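Each residue takes its place number in the sequence, starting with 1. Atoms within a ligand are numbered from 1 in the order they appear, just like the ligands themselves. Keep in mind that the numbers below use all heavy atoms, side chains included, and drop hydrogens, waters and symmetry copies.
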Amino acid sequence: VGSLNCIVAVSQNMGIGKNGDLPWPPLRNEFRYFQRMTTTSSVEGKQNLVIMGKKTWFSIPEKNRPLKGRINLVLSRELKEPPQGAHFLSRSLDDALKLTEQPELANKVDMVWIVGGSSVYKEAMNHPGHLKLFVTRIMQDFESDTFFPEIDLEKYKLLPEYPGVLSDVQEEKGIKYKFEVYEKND
Ligand SMILES: NC(=O)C1=CN([C@@H]2O[C@H](COP(=O)(O)OP(=O)(O)OC[C@H]3O[C@@H](n4cnc5c(N)ncnc54)[C@H](OP(=O)(O)O)[C@@H]3O)[C@@H](O)[C@H]2O)C=CC1
Ligand SMILES: CN(Cc1cnc2nc(N)nc(N)c2n1)c1ccc(C(=O)N[C@@H](CCC(=O)O)C(=O)O)cc1
């Protein structure tokens with residue numbers, strides 16, 4: 001079990017979702033990077049694990065579920081079994097990480113990626129330990145219904161750079177955004 005990382009795309013107003021989907025038009029390069037980041041493994045024969053709440057799992061188009069090349073995990077206190085297509089189900093973020101420690105998975109998984117949503121971000125974000133937040137800053141306001149918790153800047157530092165992450169403003173469909181990385185250790 002290597003790195004613990006969060007990944008999110010937020011609008012100027014700190015908003016990640018609107019009625020089950022994103023607040024913005026689909027940015028395919030944005031999705032490209034999301035997929036590239038979460039799927040790439042720095043260790044041969046090992047895979048990345050993605051942790052998502054049940055409403056995030058349900059917002060991924062059916063056809064792209066479970067996300068490919070990735071070990072998929074849903075979080076939920078209601079469901080009895082993983083939703084069709086899922087690989088694992090856990091009742092807590094602490095349980096999900098322990099499973100990583102199980103020999104089943106202990107040799108198959110490299111980094112673990114938290115893909116949301118909020119409640120889920122919030123807890124991981126405050127998890128004791130070393131962590132990184134890969135944030136896409138979508139540069140405009142989008143009416144949303146679900147938000148990203150605030151970044152505590154007194155704990156989380158913005159890096160001037162990071163290998164494999166474009167440092168310049170992207171713009172697609174007239175919507176500009178930038179990629180950022182925060183690092184923590186406490
Ligand atoms: N722009 C972006 O980066 C992202 C946008 N989105 C979008 O935002 C929305 C996702 O929203 P959100 O409401 O936060 O949904 P989640 O995807 O977090 O779904 C919440 C469900 O997940 C379970 N759950 C969540 N956190 C935990 C935990 N720590 N322990 C146990 N169970 C947990 C609960 O399930 P139960 O009720 O079964 O107990 C809760 O009802 C959609 O609009 C989606 O499209 C989502 C992710 C990233
Ligand atoms: C609703 N949603 C959650 C979502 C969307 N954008 C994000 N963007 C970032 N930066 N971080 C997130 N956590 C994130 N999550 C989705 C929706 C679709 C796919 C998806 O179908 N993903 C493909 C990428 C397919 C594509 O390239 O368009 C994959 O193979 O991972 C992922 C997440």
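At ligand 2, the PDB records name the drug as methotrexate. Here the macromolecule bound to methotrexate with the most contacts is known in UniProt as Dihydrofolate reductase.
Residue contacts with methotrexate for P26 are absent, since no atom lies close enough (heavy atoms, distance under 4.0 Å). Of the residues UniProt lists as binding substrate in chain A, a heavy atom under 4.0 Å from methotrexate is found for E30, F31, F34, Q35, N64, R70. UniProt lists residues of chain A as binding NADP(+); of these, a heavy atom under 4.0 Å from methotrexate occurs in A9, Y121.
Looking at chain A, most residues touching methotrexate fall inside the UniProt domain dhfr. Inside a 4.0 Å radius of atom 4 (C) of methotrexate there is not any protein heavy atom. The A9 neighbourhood of methotrexate comprises atoms 8 (N), 9 (C), 10 (N), 11 (N), with distances under 4.0 Å to a heavy atom of that residue. When each atom of methotrexate is checked for a heavy atom of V115 under 4.0 Å away, the hits are 13 (N).
Contact annotation: for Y121 versus methotrexate, heavy atoms closer than 4.0 Å belong to the side chain alone.
For methotrexate, the heavy-atom contacts closer than 4.0 Å come from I7, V8, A9, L22, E30, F31, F34, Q35, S59, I60, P61, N64, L67, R70, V115, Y121, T136.
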